[PDB]
Each structure stands twice: as C-alpha cells, then as structure tokens.
Undergrad: 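Sending over a structure as structure tokens; questions will come in a sec.
Letters go in sequence order (proteins before strands), and every chain restarts at 1. Below, each value reflects all heavy atoms present in this structure, side chains not excepted, and no hydrogens, waters or symmetry copies. In listed order, ligands and their atoms are each counted from 1.
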Amino acid sequence: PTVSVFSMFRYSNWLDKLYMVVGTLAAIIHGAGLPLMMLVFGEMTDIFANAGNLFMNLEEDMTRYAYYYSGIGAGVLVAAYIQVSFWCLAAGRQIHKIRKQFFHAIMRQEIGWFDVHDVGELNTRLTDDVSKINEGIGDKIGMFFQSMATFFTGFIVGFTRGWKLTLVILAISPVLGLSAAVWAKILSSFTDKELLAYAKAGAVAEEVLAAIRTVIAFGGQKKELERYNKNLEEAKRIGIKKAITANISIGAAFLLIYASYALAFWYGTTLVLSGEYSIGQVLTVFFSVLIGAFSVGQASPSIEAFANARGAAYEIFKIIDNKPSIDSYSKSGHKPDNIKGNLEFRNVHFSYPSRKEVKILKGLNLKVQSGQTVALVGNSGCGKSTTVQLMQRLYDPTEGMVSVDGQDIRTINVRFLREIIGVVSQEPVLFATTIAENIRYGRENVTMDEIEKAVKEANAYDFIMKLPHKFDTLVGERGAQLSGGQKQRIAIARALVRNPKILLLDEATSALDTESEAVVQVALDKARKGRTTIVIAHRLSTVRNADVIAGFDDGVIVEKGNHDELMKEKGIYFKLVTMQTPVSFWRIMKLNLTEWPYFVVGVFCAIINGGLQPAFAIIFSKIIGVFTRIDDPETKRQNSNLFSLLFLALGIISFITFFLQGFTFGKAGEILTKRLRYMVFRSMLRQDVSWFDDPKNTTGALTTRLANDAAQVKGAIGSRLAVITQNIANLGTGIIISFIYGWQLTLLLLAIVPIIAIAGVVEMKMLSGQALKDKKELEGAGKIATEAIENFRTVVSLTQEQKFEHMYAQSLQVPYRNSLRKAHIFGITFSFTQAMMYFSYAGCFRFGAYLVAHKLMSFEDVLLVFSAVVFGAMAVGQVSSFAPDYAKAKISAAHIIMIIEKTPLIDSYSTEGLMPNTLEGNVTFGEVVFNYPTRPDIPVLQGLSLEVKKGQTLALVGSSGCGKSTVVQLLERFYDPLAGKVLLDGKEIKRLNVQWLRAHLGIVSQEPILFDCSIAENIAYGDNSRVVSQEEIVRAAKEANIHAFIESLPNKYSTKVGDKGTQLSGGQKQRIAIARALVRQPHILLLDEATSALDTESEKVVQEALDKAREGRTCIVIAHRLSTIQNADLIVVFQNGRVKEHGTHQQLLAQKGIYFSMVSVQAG
Amino acid sequence: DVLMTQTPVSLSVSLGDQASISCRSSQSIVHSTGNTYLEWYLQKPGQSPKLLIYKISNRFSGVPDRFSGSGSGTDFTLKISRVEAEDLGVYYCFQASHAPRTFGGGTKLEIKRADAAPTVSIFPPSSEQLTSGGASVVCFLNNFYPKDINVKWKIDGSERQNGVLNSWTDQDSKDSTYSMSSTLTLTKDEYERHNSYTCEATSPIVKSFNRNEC
Amino acid sequence: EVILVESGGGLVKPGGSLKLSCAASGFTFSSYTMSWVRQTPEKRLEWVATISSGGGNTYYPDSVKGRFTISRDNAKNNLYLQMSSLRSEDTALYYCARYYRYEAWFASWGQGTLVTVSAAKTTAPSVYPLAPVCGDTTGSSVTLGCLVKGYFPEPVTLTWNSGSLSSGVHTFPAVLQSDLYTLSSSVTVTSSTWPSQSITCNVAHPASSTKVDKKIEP
Ligand SMILES: COc1cc2c(cc1OC)CN(CCc1ccc(NC(=O)c3cccc4c(=O)c5cccc(OC)c5[nH]c34)cc1)CC2
Ligand SMILES: COc1cc2c(cc1OC)CN(CCc1ccc(NC(=O)c3cccc4c(=O)c5cccc(OC)c5[nH]c34)cc1)CC2
Ligand SMILES: CC(C)CCC[C@@H](C)[C@H]1CC[C@H]2[C@@H]3CC=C4C[C@@H](O)CC[C@]4(C)[C@H]3CC[C@]12C
Ligand SMILES: CC(C)CCC[C@@H](C)[C@H]1CC[C@H]2[C@@H]3CC=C4C[C@@H](O)CC[C@]4(C)[C@H]3CC[C@]12C
Ligand SMILES: CC(C)CCC[C@@H](C)[C@H]1CC[C@H]2[C@@H]3CC=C4C[C@@H](O)CC[C@]4(C)[C@H]3CC[C@]12C
Ligand SMILES: CC(C)CCC[C@@H](C)[C@H]1CC[C@H]2[C@@H]3CC=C4C[C@@H](O)CC[C@]4(C)[C@H]3CC[C@]12C
Ligand SMILES: CC(C)CCC[C@@H](C)[C@H]1CC[C@H]2[C@@H]3CC=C4C[C@@H](O)CC[C@]4(C)[C@H]3CC[C@]12C
Ligand SMILES: CC(C)CCC[C@@H](C)[C@H]1CC[C@H]2[C@@H]3CC=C4C[C@@H](O)CC[C@]4(C)[C@H]3CC[C@]12C
Ligand SMILES: CC(C)CCC[C@@H](C)[C@H]1CC[C@H]2[C@@H]3CC=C4C[C@@H](O)CC[C@]4(C)[C@H]3CC[C@]12C
Ligand SMILES: CC(C)CCC[C@@H](C)[C@H]1CC[C@H]2[C@@H]3CC=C4C[C@@H](O)CC[C@]4(C)[C@H]3CC[C@]12C
Ligand SMILES: CC(C)CCC[C@@H](C)[C@H]1CC[C@H]2[C@@H]3CC=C4C[C@@H](O)CC[C@]4(C)[C@H]3CC[C@]12C
Ligand SMILES: CC(C)CCC[C@@H](C)[C@H]1CC[C@H]2[C@@H]3CC=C4C[C@@H](O)CC[C@]4(C)[C@H]3CC[C@]12C
C-alpha cells in the first residue's frame, strides 16, 4: 500500500504550496548557520591565541567579532521561526481538510460495507491514522531539509579551509553518521516497542477483567493468575533485552564521538607543528565536519515517518475512494410526486453479505395497497425484519423486482424514500441529545407545537411532565436514566413526528405496559387510513386489530388471507390464536526496597556520567592551551599525545558507565513493573463483585490503570533518582571548577544558564518525538465519534447524516483554531532559544576579551569557563527532558497503593465464619428484597420468597429484566441481600464458606464465554483446586454427546481455542458449558437458558444428563421454552420481581392464571 | 650523536669586506616535523651571546641587513657582507633538531688595521711588595698590533729569565687594538741582589728601571 | 625589555650542592620555556637543562642527568637549578635563557653567574699600587696600573675612581697559577691629572668581602 508523494499532498490549496516553498527555503538557510558559526570561531580563537605576545588591539578585534556572532544569531532567529511556523501551518490546514472529508465519506456508505469495517477499529482509524498522517508531513520534512543543508555546508566549509584534515574526519564519518542514525531511531521508537512487549498479557487481562463474574463463578482464579504470570515474565525478558540493546547503542555513540576527538587532535598537531595549518583551521575543520556527519543521523527518523504517512494514507484515502451502490446522498436520484401508498414484491430473496453462504429469505411475492395494515405471524427464525430493512432500500433485493406505485426503487432517491417510510425497529436506541432534539430529528424544521401534539397523541406525555426542565431534560448515554417503556413510547413518538407516507413497526412494544399500548395502538389507528402501514410484532395485542394477517414459515409466505381466512385455513395463525385465547502520599520508594543493589551501582555510575562533562571541559581547554603557550616542538608533541590519550580514555569510561547505568536502572525498573502488575492483579481478583459493577471502576478504566500506571510508578522512583544525581554531578562540578578557575566570567554566565537549559530541553523535545495533544484533549470531537458509530443504528433509521457531519464540524472546528495559535507560539520559542545560543557565544567571548586584556585571566581559563558552564547547562537540559513527569507518576502511585490497600468484603480466600459438616440440599428465601446498589434509583426486586426440596426442579418463569437471573447473585453470594433472611438447609450463607458455597454447586451461566486455551483447559475449567483427572474428562464430553465433535477435531485433547472460542458453532459450544458443569457434579445446579441456541434432540440429552442426576441433587431451571417447564417440579411466576402464584403443574393449570398466558407463544 | 664542526676557526676580515663562516653537522639535522633548526648565536667580548639567525634563513628582530644565513642539507654558512666595526666576537652554530642539543665549536672574528708600535710601560714593585719578600716588576704594552708579539726580560742586562706571566686583552670594540702585560714576580733576595731590570718588546723597543727604589 | 638576573654561585667542594636562581621580570613569566646554558673556561658553550612552561616537562642532556634538578615558581617569577654531586669539571659560567615564539631556542640570555668547584679553600685579595718609577711621565700622558695578586675564587670588580675613569681603562683578565689569580688593571691619564688629583683602585671579593681602595702616588 504505497500512496507515493503526489497523491499524499492532493488535498492542498495555493497558500499551502506557498507555505511549503518558503518553508524549505528558510529551512535550508537556518541550516547553514551552525557551520558558519564555526568558521567564525576558528579565526576568533586564532586571534585570542596569538594576541597577548609582544594586549594591544585585542578589544577592538573582539568588538568586531561580536557583530559576526550577533549577526548569525539574528539571522537564525528569523530563518528558524519561519521554518517552524510555516510547516506547522501547511500541515494544520491539510489535516483539517482531510479529517472533515474522511468523516463526510464515512457517512456515505452501503450498509453492507459496514460488515467489512468495524467499530473500535474505525475509531482507531479516524484518530490514530489521521494523526499519523499529520506526524510525518508536518515537521519531519522541515527537520529533514534543515539537516541536509547542515551536512552539505559542513563539507563545503571543511574543504574551503583545509582538506588534508577533513578527509580523515570524513573517512571515519560514515561510522558517526550510522551510529547517530541508530541512536535517533531508538529514541523515536521507544514507547511503541513497549506496548508491543505487553500485548499478549494485556489482552489476557481485558478478557478476564470483562468476564469477571464468570471466573468468579467457577474455581477459576489461580488459573487466570498463573496464566497472566507466564506472559508477564515474557514481557520482562523481552523488556530487559531491549534495555540492554538500547544502552549498548547509546554508549557506543559516545565512545565513537570521543575517539573521534582523539584522532582529530592527534593528527591536527602533526599538521600544526609541521607548519601548514594553525589551531584555528583545525578547530574549524574538525567541528564543522564532525557536526555535519552527526546531524545526518537526525534526518533518518524523518525519512521513516514519511514511509509511515504515505502508508496510512492508503487506507484513509480508500474510504474516500469508493461509492456505495445505493448512494445515501445522491442528488441525481429520481423523486416521485403522486406518491400513493403501494407495496410491490415479487420473488424476493436476500442474504446478509456477512454470511452469503446462507440465503435466509427464499421467496416472497407480495402486493399490498394503500392503508393496508399487514401483520406477519411466524416464529423467530422466519426473517421479517430482513424484509423490513430491504424495503427501505437499505439493501438491494437479490431476486425479483420491488416497486412502490408503478415505478421501482432501484433508480430513485433513497433519502426522500428512506424518509417517507418511517420505521421503528426491534430494539430502538436513544441518543444523548436534548429530548426535543431526539424528536426534532423528524426534521430540521419542526415547531414545538408539533412536538407537543405528537407527544400527546402517542400519550407519552405524563413522564414528560414529571421530569425536571420539561423541555431541557438532559439524557445521558444511550438513554438509560429513564425507563424502557417510555423509551419505546418515544421511539414511537419519533417515527410519528417523522410524519411518513408509510408506517413500519417492528415490535415497538418491547417492554411496555398494557394501557399505554392500547392508547398507542389507537393513536396509530388514527393515522392508518391514508398511509399504508405494516407491523412486525409477536405481541398479538397490537396484531389482532389490523386488516391483514399474513403468515411466514421458513422465510416464505405460506398462509395467506385475512383474519377469518386464517381461522378457516388451519395454518399457523389459527394455532396461535387458539392457544393464545485524590489525597496522594509519598511512601512509594518502599515498593522497591528489595532492589537496593541495583540502585547503589546506579547512583555510582550516574555520578560518574555527570562528572564526565567537566572532565572534558578541562581536557579540551588544556589541549588548546598547549598551542597557545610558547614551548618547544617536543613539549607540544608530548602534551598533544598525552591529551589525545586522555580523550580516548574518557571515551571508554563513558561507554562502560552508560552501559551500566542504563542496564541497571532498566532492570530494576522492569522488575518493579512486573511485580506491581502481578500483585495489583492478584488484588483485583479477590475483590468483590460490587466493586466491579461500580461505575468509574470499569473494564476500560481498570485495564488503563493496570497497563500504564504500573509503568508510571517505575518511572517516578528510578528516573527521579538518576536524573537528580546525574545533573548535580554535571553542573555542580561545572560551576565549582568555574569559580576556582574564573572569578568574574562565571558570574556573567550564570545569567544565561537558565536559558541554555531551556534551549536544550526544547530542542530535544522535538527530535525525541513531540506528539499532538488533540490525540488526548480532542477526545474524539468530544464524543461525537463513538456515538455516531456505536449508535449507528438509529442513523440506520433516517438519513440524519448532515445533522451529524455538521455537529462534527462544530465540535472539531473549535480546537483547530487553537492549533493554529499553538503553531505560532511553538515557532517563536524554538527560534528564540537557539538564537540565545549564538548570542551566548558573542557575549561570553567579548567579556572574555575584556578580562584577558587586563590580565585577570587567560584564554585557557575562558575556554574552560565557557565550555564547562555553557555546555553543562545545555546537557542539563538534554538529560532532563528524558525524565518522566513527577506530578503524574506520584498521583499514579497513589492509585496503585489505593488498590493494593483496598480490603474487599467477604474475602473469597477466607475460611472465616462457619464450616458445617452435614448438608441436606434445602434452599429457603424469606422476604428477600434486593436492588442492585449500582442502581440506587430503581429497586429491582421487591421481596420475593421460595421453598425448595431435594431434586426439586424449580421452574422460575418471568420476563426479561424482572427476576429470572437475579438469584444467581443472591445465592452464590455476590451481592448481599440487604433485606430478608435466607435459609440454605436452614444454614445462613452469611456465615457459610464462600469458596465452598461455589465449591459445592455449579451452574450453566446465561451465556458461556470461553478462553485462550485448549478444550482440556476449557471444559476442565469446570472444576479447579483439583487436578484434571481425565477419566472424568473423557465422560463429561460423553454424557452430553459432545464427545462426538471433539474427537473429530485435530488434536483431540489439544486443539487450540483462541479468544472466546471463535472457531466452532453454537451446537458444540453451548454443549460445553453443560459438559463444563458435568465434571462439576453440582449438588445444586442453577441452570438459566440451556435451550437458547441448540437442536431439539440434543436438548433431550442435556436434559437427561441433567435428568439422570435431577434426582438427589437440587435442580432449578429458569428458561423460556416449555420443554423444561412442564417436566419441572414446581413453578414460580415472575412479573417485575413479585412472587404471585406457586405450585404443581396440575395445580397452577386448574386455575386460569398468568402461566396460562406464558404458555401461549408457540405451543400447540 | 650529532657533532658540529665549524670550518674557518680564526678569521682575518678587513673592515668593509665580506666574510663567510661554515658549520658542518654530521647526520643531516632535520627534525621529524620537517623543519631544521639551526641558530647562529653571536657573542661579543665581555658580553653574553645574542641571537642572529634562526631556522636557517630568518633574522632575529633587531639585526642589521647584512647577516645572511644560507643552508643546504648538512652544510650551513653565514655571510656577513660589508663588515662593520662592532661585528667582532665569536660565532656559534647551535642545532636543536636532535636529542642532545649541541652548541658546536666557536669561530673568532678579527678586524685588521695595518700595524702599530707597542707602548711599553714598566713599573717598580711597590714598597709594600718589597716588605713582602717578593718583587714583581710589571710591564704594560697598550694599544699595539697585531695580536702577534713577544716580550722578554733583561735583568742587569744579562739575565733573560723564564718565570714570566702573560695576559692579553681582547680586541677593542672601538680601535681594534690589543694590549698585553708581562709580570715578572721574584723574591726580594733575587731582587735586592740585582740592580737593573729591562723589559724588551718585539727592531725591539726597550725600557727599564735603575734601582731597588726611586 | 626583558631582564633576567641570577644569583647563587661561589665556591663548592666536590660532591657539594647548591642552588642557582634566576629572577626574571618583564615578560609574563608563566608561559615561556626556560633553559640554563653553561660556558666553560675555554669559552665553549654547552647545554645544561630546560623546563617547559607547565613545569612538568624537563629535559637534561645525557651526561649530567640525575644530579641537576631544574624547576620554577610561576607565582614569584623564578627559575632555580639545584646541583649536587658536582665534579671538577663544573667550574663554569651559567646563564639563563628564554624562548623565541618562532622556534629560536635561546633568545634572551640573562647575565652570567659563575660557579667554581675545587678542594682549595677560600682566599682574599692582595694589592700593590703600581706607580711608574718616580712617576716619570712620558708625554702629556702618564700610564697608571694596579696589580691584584693572590685571591680565590674568581669574581672580582675593579672600578677606578668609583667608576670615574671609564674612557681609557684597560682591565686585564685573571691568570691562574697554583690556584691563585693574577689580575691587573691599567689606566693611562694625562700628566696633568696624576699629580693634580688622586687616582684610586677599588676592588671587591665576594667570598672574602674585602674592598680596599689604594691610591697611586708618585
Ligand atoms: C562532545 O562532542 C559532542 C558531544 C555530544 C554530542 C555531540 C558532540 O559533537 C560535538 C551529541 N550528544 C547527544 C547525544 C545524547 C543521547 C542520549 C542522551 N540520553 C541519556 O543519556 C539518558 C539519560 C537518562 C535517562 C535516559 C533514558 O531513560 C532513555 C530511554 C530510552 C532511550 C534513551 O536514549 C535512546 C534514553 N537516554 C537516557 C543524551 C545525549 C551529546 C554529546
Ligand atoms: C552556538 O552554536 C551552536 C548552536 C546550537 C548548538 C550547538 C552550538 O555549538 C556547537 C546545538 N545545536 C544542536 C546541534 C548540536 C547540539 C549539541 C551539541 N553538543 C555539543 O556541541 C557539545 C557537547 C558537550 C561539550 C561540547 C564542548 O565542549 C564544545 C567545545 C567547543 C565547541 C563546541 O562546539 C562549538 C563544543 N560542543 C560541545 C552539538 C551539536 C542547536 C543550536
Ligand atoms: C571509508 C574509508 C575506510 C575509505 C578510505 C578513505 C579515503 C576516502 C581517504 C581516508 C583518509 C585519506 C587519506 C588522508 C590523508 C592522507 C595523507 C596525505 O599525505 C595524502 C592523502 C592521504 C593518503 C589520504 C588518502 C585518501 C584517504 C585514505
Ligand atoms: C570505517 C572506519 C571506522 C575504519 C577505521 C577508520 C579509521 C580508523 C582509518 C580510516 C583512514 C585512516 C587514516 C588514513 C591515514 C592516516 C594518515 C597517516 O599518516 C596516519 C594514519 C591516518 C590518520 C589513518 C588513521 C586511521 C583512519 C582514520
Ligand atoms: C578502527 C580501528 C580499530 C583501526 C584504526 C587503525 C589505526 C590505529 C592504525 C591504521 C593505520 C596506522 C597508522 C598508519 C601509518 C602510520 C605512520 C607512521 O609515521 C606512524 C604509525 C602510523 C601513524 C600508524 C599507526 C596505527 C594506525 C593509525
Ligand atoms: C574511530 C577512530 C577514532 C579510530 C580510533 C583511532 C584512535 C583511537 C587511535 C588512532 C591513532 C591512535 C594514536 C596512535 C599513536 C598515538 C601516540 C602514542 O604514543 C599515544 C597514543 C596515540 C595518540 C594514539 C591515540 C589513539 C589513536 C588516536
Ligand atoms: C553539590 C552542591 C552543593 C552543588 C550546588 C548545585 C545547585 C546549586 C544546583 C546545581 C544544578 C541544579 C540542579 C540541576 C538539575 C535539576 C533537575 C530539575 O529537574 C530540578 C532542579 C535540579 C534538581 C537542580 C537543583 C539546583 C542544583 C542542584
Ligand atoms: C540579575 C541577575 C539575573 C544577574 C546576575 C548578577 C551578575 C550577572 C552581575 C551582577 C553585577 C555584575 C558585576 C558588576 C560589576 C563588575 C565589574 C568587573 O569586576 C567585571 C564585571 C562585574 C564583575 C559584573 C559582572 C556581572 C555581575 C556580577
Ligand atoms: C545576563 C544579562 C541581563 C547581563 C546582566 C549583566 C550586566 C547588568 C553587567 C554584565 C557586564 C557588566 C559590565 C561589564 C564590565 C564593565 C566594566 C567597566 O567598563 C564599567 C562597568 C561595566 C560596564 C559592567 C557593568 C554591569 C554589566 C553591564
Ligand atoms: C547556584 C546556581 C546553580 C543557582 C542558579 C540555578 C540554575 C543554575 C538552576 C536553578 C534551577 C534550574 C532550572 C530549574 C528547572 C529546570 C526545568 C527543566 O525541565 C529544565 C532545566 C531547569 C530550568 C533548571 C536548569 C538549571 C537551573 C536554572
Ligand atoms: C531583543 C532580544 C529578544 C534579543 C536579546 C539579546 C541582545 C540584546 C543582546 C545579546 C548579545 C548582546 C550583544 C553582545 C556584545 C556586543 C558588544 C557590545 O560592546 C555592543 C553590543 C553587543 C552586540 C551586545 C548588545 C546586546 C546584545 C545583542
Ligand atoms: C550574555 C549576554 C547576552 C548578556 C548581555 C551582554 C553583556 C553581558 C555583554 C554585552 C555588553 C558587554 C559590555 C559592554 C561594555 C563594556 C565596557 C567596555 O569598555 C568593555 C566591554 C564591556 C565590559 C562589555 C562586556 C561584554 C558585555 C557586558
């Protein structure tokens, strides 16, 4: 995927071609202003040296060479501000354009093309990939052009002044260039490698973090913790190897620089003494060529970024490329005028291209006229809602030709049409806009009186009165502060204000009441004369009162006719109607006390790394003083050789000490990180379930914490220590040496040291890897990104795209302008500090000349004070910019100690309480009231009760969200029942043993999630704290006939299972959770919906393997299908949590009650 | 190691002419760095040497124009043309390109000026010298020429002793004349036993004193 | 200009030891190489020692190594050479030296100071005024001399009339016999000067500290 170069800059205007051209010009010209600085420095020192030999006319010549230095300073000020500001502007504009256009093209797309795309990945796209395009083309091309200029100027100066030396410097410069390349590259790709190192274990944490209730429910904690440990240790080995190699490469860069000084001066003295050169030409040639070779390395990261951009641009410019078959926008679409209600289908088929192997609808030939209200009767399995979407031109039907009133849909406007067929779907969703905005999505132009009229028609207006700020009532995400019945009433209200030409309902009475349903159906019937309508509902209540009732079976229209026709027809509708009638503390060093030896060695080697800058100051300003003095050629030669060798030795000790400080602080940091992750996880797990379900303590929150804040705390301890001591060695010694050698210049230079430090930090913060803040502040246009994609479905309701493109435009055009202001600021700062470097030369050497011509100090002493304090301050900067922050890392450690301190209620590992010897198998609940403390505003269970006997297969029947699965959390002790008193065998579970209460019993959850293991480590997960004895494992697959599928799979007991077992089909996996609980041999088996997705003959075998032990072990089945309810022992009906009637199947059926109605779905 | 001969030892130039001096070093004095160092220090009488020429052809700042040094390989000469009158003394060619820095030999330079008659002047031993049992009769010959001369003693006209002491002055920086002294120390017994003591300069020039005292 | 002047000197028995100094003024002493140089009784120079500006680089010829040790004080501007275990061939005259910036080796010789090593003991000078026989003048000039006999060691200053006779003084060098020095001065002045004004012979002897002013009387 290569976008080359021309395609990459396609989204540009005139002004930006202009910005780029003036940019590279001012970058080439800010480039060549270091080598000219060394060309002046050469002759300046060549005049200081020879001056004071019979201080006449020194201060004059220095008043001249103050103007060369200050001139180049005030030329770089400008060239650098121009380069930075102008390239950040080219990029700013170009990325804004591409971002808005990407979002615009992501709302034009065939619904099928969202089968290919995803949700989380697509948000990764529209933030990470676009910021990655920005990253290259913004400034890396500036920095790249500037460093190429400094290289070529380095060579031109070094060949103008003297070649015989620049050839040697150059002939070892390939190794300098290469080592600079590797150093800089390692620096840019440091954070990215780390995440790659953590990937697996991180993904293993998320899975377990999400499904925590399950891995509680079995014995599975120790397994999940060892599982983690293994991949953690792999992250540690990869980590410390990376630390070793990072430091080797850095240490060898320094060794090579210093050995390069050694060669240059050992050769330069041969030349100087021979007569040819002087000390000025050698300083010039050497510094200019040495700086040029080193700079090229800085250019290399810029080259890699361009490869990254013109790669990611492939996929982004892809969504920009293709036009969906059914153009959602499409202004060329035909528009009808005399649109009378008609509906025409003929031999209609379709498959959801997410599965094109199965053709689910295998024929439909339908003709419906105006006002004709049609219902569709048939099981879940026929495919009504498929037709529903197919009508709205949300797809192309494959066979036949669908039309409406003469002309066909395939050639006419989809916005207009998708409109005039107003729909409500099965599970409509609620937006986090203002309530009146949700509604007004009927039209850009709507009046408040219309909203009032429609909400009094739908009769969803009482709760409209009840809420605060009757027309300002803020809903949150998804609309879950209020009820679900009101939620369906207002989805109704929306497809009502949409005022369509046809009204298509898909079960708009999901969890709604009766009287509101009747008023809603009457208000519907108010608009069913001139506007065609069709209802897709299982609730027969709003089904009987329509004109036509048609019958699906196997996705085909089998039974045709009106009500009476289906009565006399003996189809499916006949049987149906027949049976229906914070405070942060510092205690954090103590988390890493075990590693005192690494720290001792580390502080020692950091002291020495710090001191290695003043040692160079002295040695350098002495190998210069040698050529200033008046000596023999023998003394000049011997001292050149001695100081060359001291240059080599400083290099070697630099190598070894960097390698050690790096390796050692690295290894202590990795070890702290690993034990902190493992221990914070072992304390996450044992915590309760209330702590887990609590909002603000979620799966995203917790994985971010456990995958970052551990590494943050690592940063605080070791980094703070290494940087403080290295800097104190460096600059403390620079300034003390400086006061001793010089008594007047160091005082003037202390007034510049702060600015030099700041200059070093700003330069390194750039080359290191300056990132954008929007990637954290911008948040995703706020929350318009996720919402548009996540809740993409009610946008699969109407068009209402523009009203999202434009909300994007606002919430994204605000920060944009703040980014331009930030470009101007960063430009001025990055120029002003560099300019301060050049004016540092000028001020320090002019004052040095005034001191030297009054015999208060020498040229050795001024070259010492200069080099030591100035480049000591610069190196204080360059090193303090690697230091991780200390506000964040301290708050982070507060969070970690917070968790590692938290004491979960009723410790899962605890044997404290009551440990009984005799067990019977009774369960009794008395006035047990409960509400989930996570919902303090809705009380969910209002004090039910039960009585259980041995082997008593207790039927629990109710609705969805009203007390079928809430005893999973009362009996297995997740949420303590606040009101009531429970009797399991008459024994209070509040004193019982918890890892035994779940040890004794085992259930089949509402859904099984499985894991990253083998079926030998997935079923066998059914029991733990006991070895897997396979003669039990062989038969757990056998009792449920699931031994068949497994032995056919390769690696019969060792076939790989990926994440959540995404390989097999349902019929083999839902069999496994049962096979899971078959090795469990639970004395009480709380089964919930073991007949959701299974064949009817293996439902027999799971029920018999349940049955062949349904004696003697207490049983309880909670499900919809009556295949398990009539063969259950007792029944207890549920309606919003209240227990009304109980009893035997022959007793609750002799009375016509509610269970008479709960039989009436499909039995007959 | 390196030893330096200097070919002309004593030189006889005439005021207003050109003189040459040569300095042969064995071994080709040439440093590692590529230069040859070979100075030509010149010392006057009653003075501590001054520099004249360094690095073979250069001239130490403050020297006349006529001192020209020229050096080929291992033989180096110095030519003074138009010899002045304050250019008398001794020349030294010191080489510093090798391990023991030698100073070479030494060549003397004398300016000729026709001839002259030695001015004899004899003195008696002092009265304090007589009492000291020893008598030394001195003899001064001021401003004569050339350095070549002999002086002999005639005690009593007969005796030509050999217990004589000699001493020459260096050439004068103004006149280019010399001056020598002949001291005859004797015991007073050898003195009072004799009467006349004569000091001849060499047609010789004669002078004497008559008695023990005047 | 630069002046280098030294002290030390005198007479030291074989195997002895002493310390020649060299106070230098005028040229920011803390930069230049320095050298000592030696001139023997045959007026034949010789190199002795050199010390670099830093102070940590001294070179001695091959012979006299080990027993001579040269060093310097940059704070007071002084150069010292410390000699020990000297033989009988150490009688010499030692000069300081400087170093021309353009590789000229000895460029600023200070004055000399001489050092004599012998077993013979110290001596004072003996003087006999030397006036011609009854001052019998020989023209408009009269030759006057002065004879200093039998002293040791060598340095000795003879200044006529406290230095008033300067234009026609003829000082002769010291002749060594039996380790005793026979020096003599001579001055010829007009025959109208000797009888009219008195003429004096001033001497000095450093180890003996005797300085006798004899007049010349006819
Ligand atoms: C004397 O002549 C010259 C000298 C110099 C240069 C050019 C010259 O030419 C005239 C250029 N050098 C410029 C190179 C230069 C490179 C690196 C450093 N960072 C550290 O030391 C360092 C200290 C503390 C913690 C850390 C980290 O946690 C760290 C983590 C990941 C990666 C790292 O790194 C890739 C890390 N690093 C450090 C300083 C400077 C300076 C010396
Ligand atoms: C005023 O000119 C300059 C302008 C700028 C920089 C450096 C300049 O001067 C070199 C930094 N640029 C960025 C490239 C850049 C960065 C940092 C460096 N590390 C060092 O140079 C350095 C490190 C340690 C010790 C020393 C010395 O003892 C030293 C002594 C004499 C002369 C020097 O070099 C003129 C010396 N260098 C250094 C090099 C290159 C941006 C602006
Ligand atoms: C990359 C390297 C190993 C390739 C060889 C380097 C070439 C480009 C350079 C490196 C150093 C250079 C030498 C540098 C100095 C000398 C000494 C001089 O008196 C003649 C030129 C000569 C002999 C050069 C010849 C060319 C040379 C050898
Ligand atoms: C690619 C590199 C790192 C291999 C090693 C390269 C260096 C060490 C080689 C390349 C060319 C070599 C230089 C070529 C010739 C010169 C001049 C000679 O009179 C001394 C050796 C000297 C100064 C060499 C030093 C070593 C040198 C710089
Ligand atoms: C990359 C590293 C390990 C290899 C560097 C090799 C260096 C040390 C080698 C390669 C060429 C060598 C030089 C080549 C020729 C000469 C010239 C002579 O007058 C002195 C020895 C000298 C100066 C050599 C010293 C050693 C030397 C400098
Ligand atoms: C990568 C480059 C620098 C190759 C490394 C070469 C350096 C380390 C080598 C090349 C030539 C070597 C020099 C060879 C000869 C001398 C003279 C010796 O009496 C002292 C050391 C000294 C001065 C060496 C210093 C180290 C030196 C300069
Ligand atoms: C050894 C002592 C007595 C020397 C005095 C040095 C004092 C005056 C100076 C020298 C360099 C300075 C340190 C330089 C580096 C940093 C890192 C920064 O992130 C915090 C400030 C801090 C910690 C500075 C504190 C003040 C400091 C320590
Ligand atoms: C206000 C802050 C940032 C400035 C720091 C004060 C320093 C930089 C200033 C204060 C007053 C100044 C001193 C005032 C007078 C003298 C005279 C002479 O001896 C040289 C300069 C010297 C020594 C100045 C050096 C710079 C100096 C010491
Ligand atoms: C760091 C920045 C703000 C520099 C502040 C230093 C200023 C206030 C200092 C630095 C150098 C100092 C000057 C430098 C030297 C001279 C000597 C003499 O001729 C008069 C005083 C004078 C003119 C000083 C006065 C104060 C001075 C100008
Ligand atoms: C006695 C002397 C050293 C006092 C002068 C203190 C100077 C040298 C010290 C004082 C505080 C220090 C600064 C304070 C904080 C940091 C922030 C860091 O991210 C860059 C360097 C920087 C800006 C330091 C550089 C050195 C510094 C300015
Ligand atoms: C306008 C701002 C942001 C830039 C700050 C730096 C300017 C004011 C400083 C930096 C270095 C300084 C220069 C340093 C040395 C000389 C020599 C002096 O005898 C004349 C002025 C001149 C040229 C100075 C004037 C003021 C100066 C130019
Ligand atoms: C670091 C820089 C930018 C601070 C401002 C520059 C100051 C400190 C620089 C520029 C102004 C300069 C001073 C201007 C005036 C004087 C007096 C004069 O007779 C000698 C130079 C002297 C003593 C200068 C010394 C250098 C100096 C003090």
Undergrad: What would the PDB call the drug seen at ligand 1?
TA: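 You're looking at elacridar.
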Undergrad: If you rank chains by how many heavy-atom contacts each makes with elacridar (ligand 1), which has the most, and what name does UniProt give it?
TA: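 Greatest contact count: ATP-dependent translocase ABCB1.
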Undergrad: Give, by letter, every other chain that has a heavy atom closer than 4.0 Å to elacridar (ligand 1).
TA: A
Undergrad: In this entry, what is the source organism recorded for chain A?
TA: Homo sapiens
Undergrad: Considering only heavy atoms, which transmembrane segments of chain A, in UniProt's N-to-C numbering, come closer than 4.0 Å to elacridar (ligand 1)?
TA: 4, 5, 6, 8, 12
Undergrad: Among the UniProt domains of chain A, which one holds most residues within contact distance of elacridar (ligand 1)?
TA: ABC transmembrane type-1 1
